[PDB]
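Structure follows of midazolam associated with Cytochrome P450 3A4.
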Amino acid sequence: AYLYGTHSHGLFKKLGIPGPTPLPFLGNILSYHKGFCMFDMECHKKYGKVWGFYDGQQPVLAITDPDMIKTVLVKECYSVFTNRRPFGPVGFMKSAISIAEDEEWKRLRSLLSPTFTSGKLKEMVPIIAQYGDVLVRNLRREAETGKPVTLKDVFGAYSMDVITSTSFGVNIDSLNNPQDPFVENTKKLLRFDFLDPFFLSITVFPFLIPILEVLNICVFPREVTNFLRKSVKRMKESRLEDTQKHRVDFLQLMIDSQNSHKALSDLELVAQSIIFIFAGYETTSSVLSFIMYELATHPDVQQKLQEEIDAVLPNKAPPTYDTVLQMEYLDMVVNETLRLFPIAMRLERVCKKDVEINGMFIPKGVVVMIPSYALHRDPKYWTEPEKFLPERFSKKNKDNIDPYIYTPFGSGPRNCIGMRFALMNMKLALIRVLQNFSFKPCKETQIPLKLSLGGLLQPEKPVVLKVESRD
Amino acid sequence: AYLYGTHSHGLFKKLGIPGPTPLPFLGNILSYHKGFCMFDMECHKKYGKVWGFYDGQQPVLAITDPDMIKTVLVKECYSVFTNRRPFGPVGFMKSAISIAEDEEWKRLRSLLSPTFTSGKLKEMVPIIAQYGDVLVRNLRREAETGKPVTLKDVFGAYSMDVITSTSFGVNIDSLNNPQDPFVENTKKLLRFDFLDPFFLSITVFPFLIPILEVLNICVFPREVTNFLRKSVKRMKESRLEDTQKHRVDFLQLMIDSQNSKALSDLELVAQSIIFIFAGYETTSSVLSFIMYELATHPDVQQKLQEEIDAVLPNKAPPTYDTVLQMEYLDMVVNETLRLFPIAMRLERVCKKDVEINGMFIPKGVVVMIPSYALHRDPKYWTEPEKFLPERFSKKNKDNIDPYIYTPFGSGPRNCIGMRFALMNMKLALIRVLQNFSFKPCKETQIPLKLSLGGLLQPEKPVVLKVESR
Amino acid sequence: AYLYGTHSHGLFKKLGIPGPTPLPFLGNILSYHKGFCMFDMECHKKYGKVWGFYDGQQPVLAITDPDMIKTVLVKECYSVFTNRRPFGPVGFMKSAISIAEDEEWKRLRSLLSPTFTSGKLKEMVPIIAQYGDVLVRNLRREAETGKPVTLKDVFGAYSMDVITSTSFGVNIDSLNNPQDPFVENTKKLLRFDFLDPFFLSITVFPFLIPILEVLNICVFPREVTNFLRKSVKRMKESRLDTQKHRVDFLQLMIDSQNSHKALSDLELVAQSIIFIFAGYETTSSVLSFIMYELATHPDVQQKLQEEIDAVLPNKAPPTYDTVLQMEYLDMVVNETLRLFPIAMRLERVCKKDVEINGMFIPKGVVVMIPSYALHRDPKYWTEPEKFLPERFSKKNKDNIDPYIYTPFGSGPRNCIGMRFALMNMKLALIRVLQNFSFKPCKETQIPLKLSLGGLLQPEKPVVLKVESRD
Ligand code: HEM
Ligand code: HEM
Ligand code: HEM
Ligand SMILES: Cc1ncc2n1-c1ccc(Cl)cc1C(c1ccccc1F)=NC2
Ligand SMILES: Cc1ncc2n1-c1ccc(Cl)cc1C(c1ccccc1F)=NC2
Ligand SMILES: Cc1ncc2n1-c1ccc(Cl)cc1C(c1ccccc1F)=NC2
């Protein structure tokens, strides 16, 4: 992207922007020993408002100023900062919203938009909540042996359960049969760190893109894609001549959208389905494990929230859309877990053409990066950043929060499209389990929690906790 | 090759298997700073019995259990653990047994194992004994004129000498005639770290193969091999066919087994080249190591400096069946091979998804047996950094596990010329100290630091004072 | 190049040559954390007269013996050490003299040589001197405040001005007319570290060249050079109007085309481009370093100031002969270039197995002369860390070995632009020092830290306090 892949390491010196000294070829990849999080944290304090670094040959400029951020994510979204890091030849996956660029993306965003509206989310709630009953079901069985529960298993399965049932309408008990046709293939597909900036080695060695295109050597081969392409083949047609309708999954919502910009294709439809899995599986599972960790080790908050839930759903009353949005304190806790642990942890935009944003020149082909994780813990926005304090998100405390500093779902036209859905999904899980159980740490518990080194935040060791069937 | 060459640095943490945390793209190669062995060492002593690491993008799973190693090298060798690391486009050398994969490997390994019967190694010992007497004759060079002697020079030239006549039927003194186009061309050939996992850039950039293949970039050009190929083509076309000065060497044996589906001529030269790579620096290295151990541990040297004349007194031609006799020497060798397994590692590519013993191994992963770190594993050897030859002699040593001591590996895909290299070295070793003796020079390295590279070797070349007899 | 791009790390241990122990793939790249200079320095002390290391897969043999250096750079230049590192698909820039190899380079060097004579320099001086005036004006404005001056802003501007005027025969004020299309576009071109060994992943990924050649993937695309190329096509056809004819590098190269085979039209543009790479950052950097050295050594500065006044009294304008007269000026330039050779090192690929002065060198290896290290080697220089213009006095003539001291290389493939580069720097030097005095301020970087890259540069731009005179 940047300078046709040529040596770039003198760029931030020309531009007069501080940053770590690069090695030839590698740039600052060695600086990644502490991980993305600690790297960005270190750099922020050391270099200040703004700093450049090099992922191999790819220059990355990090911005912290809220007005600079707004310019990148919002004002100049469509004009200059429309895309993310460039991707390899992934075949038809090219037309997945997350890999789509420029006009293609723009079209695809506009088509996928009405699928994620609040109104149509309300209609999925029945299907999600039923796996909130399935979650507690499988989670009670461990609370009677009184043993350690690995939460990235019980939530992994829940994330999986919701995805399969909302993405394809395929209904499964994941924890109890991992040999189910779908689950094994989904988890196989899920092996690929598709959206990681180190998925291939484009950063170091950028020529990899043009070479692989021209040789049509595909790095996401038909073999991987086939199973779900056939499931969607036999799905579109088969169960959908029922007349009786019913279907409320993502598939149907997209199927329904194909008639009277514009016109979503079959292969396109499929690519959104796949991309939804990548977006939702490990992310949702992780936020859940992160939430329970904070709750289990803060028993005050747990009970306080635990009584707020019983106060609006008396008698473990089944959760409903309207009464989910009812719960302020539940919302304060999700937002705070995500403040500490923004699973993306970094937001990125390639700069399409030379530009001057709030005073600063940015050359074409650069990656403009917003360090979410670092900014979420920036003392110059939050008092006691390292401390988990659901209190910051009380409405007596909403103006103080800057939407361009708190960015767990990004911002602007290219933010998270399934934010509403991610938030609704996780809350229905939380509500159900918290109603029926209290969660407590034991010595088997990684305390304090260590983090994933890589690009996508995750507990370093699986979150393990002891569960009591309760009041 | 693993997960379509794609980012893989999530496996070992997603399988509970510990190991050093990898850098993006590099994986763990920064850890190679210590060398292959010293890495396997600190990893063993840290993560315990099983650990993974990443060679660039290539996920490498190291196993220490004898049962594991047995399932790998022996049980599942035909079905799961058939091949080593994939190779780049190498032309006709795809036929070399070391490069060949699956059943296509098997056909070859079949056509070959006859050639390595002890009933054929036997009739070979004359042609190689020739060089023992060439080695010692050379070696009296600077033993007599009085000066520190660097042993690699005379051991290198020796190992070179055996291979030439045994792989190609050509007797040369490589040290005295160093401009012989043969010695010239095979040393040109031995520049290539061919069997090294880092020969090319596969590990860190696994997309290299399909690219080099399609574009027909040759990594090992016909030029390199032209002189050997079109030499065999003269030793084997016009041949020793019209005449019958019937010689006993690897070349003729293969030639003969073409007149018994079969083996082609280029399939033939393919094997000869391989025997050089397999034979040359390994045979040299072990000798140097053995000589380090004796010179510095003088009591064991004399203990068979004329227990060597108790069998053949004195200065007798070491005929095959007199060399299998010396069981103490036999296991003096074994101890250097313990202390120094040249391979350092054993490696197999898991051809497809399986769970063996209690452990799951997904397709495309390298299962690696760290031969070195076992040979110095205190859990199996009292005083592991010892040089104590007879921890290996008698039915005293039914405790030697053929999975923990495997400096030639095990199962179908172990060292096919084990018996040859062992015979080669032993026979060489007799006709050196039965004429000389060695003292730690005023320049020798103690303790012996090794080479960081993929083929085990002394850091500095070994230097010893050599004496009269 | 080397052994078909195959693994090469075993070589130097084998040849009996010492050096830092490589890593798989990366060779000794991690040692560049120091930068080229400090790496060469520590290797020099640690390893001795000759050492070897690996730029990824690329073996590099470093040599220090003058006899050995004379052999590589001069004697076996045409036979064995004719080229630098290989390049890969760059389009019409293949015929750029710095990129050409073998027979093509010999032809280009021969065709360009008459352009770089001292005579043609003499007639160029009047043109390139009108930019010292612009320099003095530009600088004054920054000094007219009292705020510290980042020299790079004023020397960068100056270096730019001269090159685009000489190489493309135009007259612009890049500091004041930054949106002049020549300025924009020469700045575009200057983004590429064109001649840097790490321009591409070639050192670490040696198959890149053949892969890119067969697949016609261009690294220097042609939108990068379009404006400037098309400029030459509209500029030469306008001068021949056979009446007026400037003496710049463009004219001299058009002159050469008329009445061994003559310079092509695309070859002409190729050169003009390469002269920008060769002249822009180098001149800027050397000018900065000199000023750093004058401002920290006030005694030398003033001594130089009185020479300049005694030959050009009352701020007289420089001329070819009056520049060459200034002995101390020459010593000062030489001494800075000794401490700060911009190239940091000279390289030549070994085309063919040779024994040079008794040491075997295989085909494919880069032989490298560690210029930065040799300029600071105690064996040849007393207190090599000290700035001492006197090393280059007349009295101190042939204590300077011309294979030790190589700010401009040596032999047939040395700097073709040397005489010019020196004239150019001295011209500007004269004018700034006729008008100004330069003192450190709080913001100067003492001690000086050097760039880590392949083209020597101050790490922080040189900031100084600048006073007027009169
Ligand atoms: C589980 C918690 C989740 C978090 C923390 C999360 C966070 C994010 C973030 C930070 C981005 C990047 C936004 C930007 O660059 O400005 C993003 C993008 C995206 N997310 Fe999510 N997400 C989550 C779940 C989901 C789910 C369940 C879906 C739907 C299946 C989804 C669909 C997407 C899509 C499609 C994009 C790309 C938008 C585009 O390029 O047009 N996310 N998400
Ligand atoms: C000190 C001397 C030698 C040692 C320590 C040695 C050791 C080894 C080891 C450890 C292996 C791999 C075992 C495995 O992965 O299962 C091997 C493979 C091999 N060795 Fe040797 N070797 C030596 C000399 C020789 C000689 C002289 C030859 C023949 C001229 C030879 C031919 C081979 C071949 C052909 C293979 C692989 C064949 C196949 O994959 O089927 N080796 N050796
Ligand atoms: C003070 C500034 C300069 C310095 C220190 C400098 C130094 C050098 C050095 C060290 C080399 C390599 C010589 C070798 O390998 O032996 C070189 C080559 C070269 N320089 Fe310069 N140079 C400078 C300015 C210029 C200018 C202004 C031009 C032309 C306008 C120029 C044109 C070249 C060319 C064309 C080559 C390559 C010669 C060939 O391959 O035939 N240089 N220079
Ligand atoms: C889906 C999707 N499409 C585009 C994005 N994403 C995305 C969604 C959620 C999260 Cl937590 C990260 C990303 C990521 C992401 C960042 C680093 C590593 C892996 C990722 F998926 N990038 C933006
Ligand atoms: C022949 C052959 N084919 C496959 C192997 N080998 C092999 C044979 C003998 C030796 Cl002494 C090492 C190796 C090696 C080896 C390992 C690392 C670096 C160089 C090697 F030759 N072995 C695996
Ligand atoms: C123009 C040109 N053509 C060929 C050369 N050069 C050159 C000229 C001047 C300078 Cl100071 C360096 C070089 C360089 C050079 C070396 C390392 C990094 C950048 C360079 F321009 N090398 C030899």
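Lettering follows sequence order; numbering is per chain, from 1. If you check the header, you will see the structure was determined by X-ray crystallography, 2.7 Å. Every number for a ligand or one of its atoms is a count from 1 in the order of the listing.
Within the model, the positions assigned to midazolam, copies included, correspond to ligands 4, 5 and 6. Counting only non-hydrogen atoms, chains lying under 4.0 Å from midazolam (ligand 6): C. Note: midazolam (ligand 6), no covalent bond to a chain.
By chain and number, the binding site of midazolam (ligand 6) at a non-hydrogen cut-off of 4.0 Å is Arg84(C), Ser98(C), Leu195(C), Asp196(C), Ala278(C), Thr282(C), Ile342(C), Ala343(C), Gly454(C), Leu455(C).
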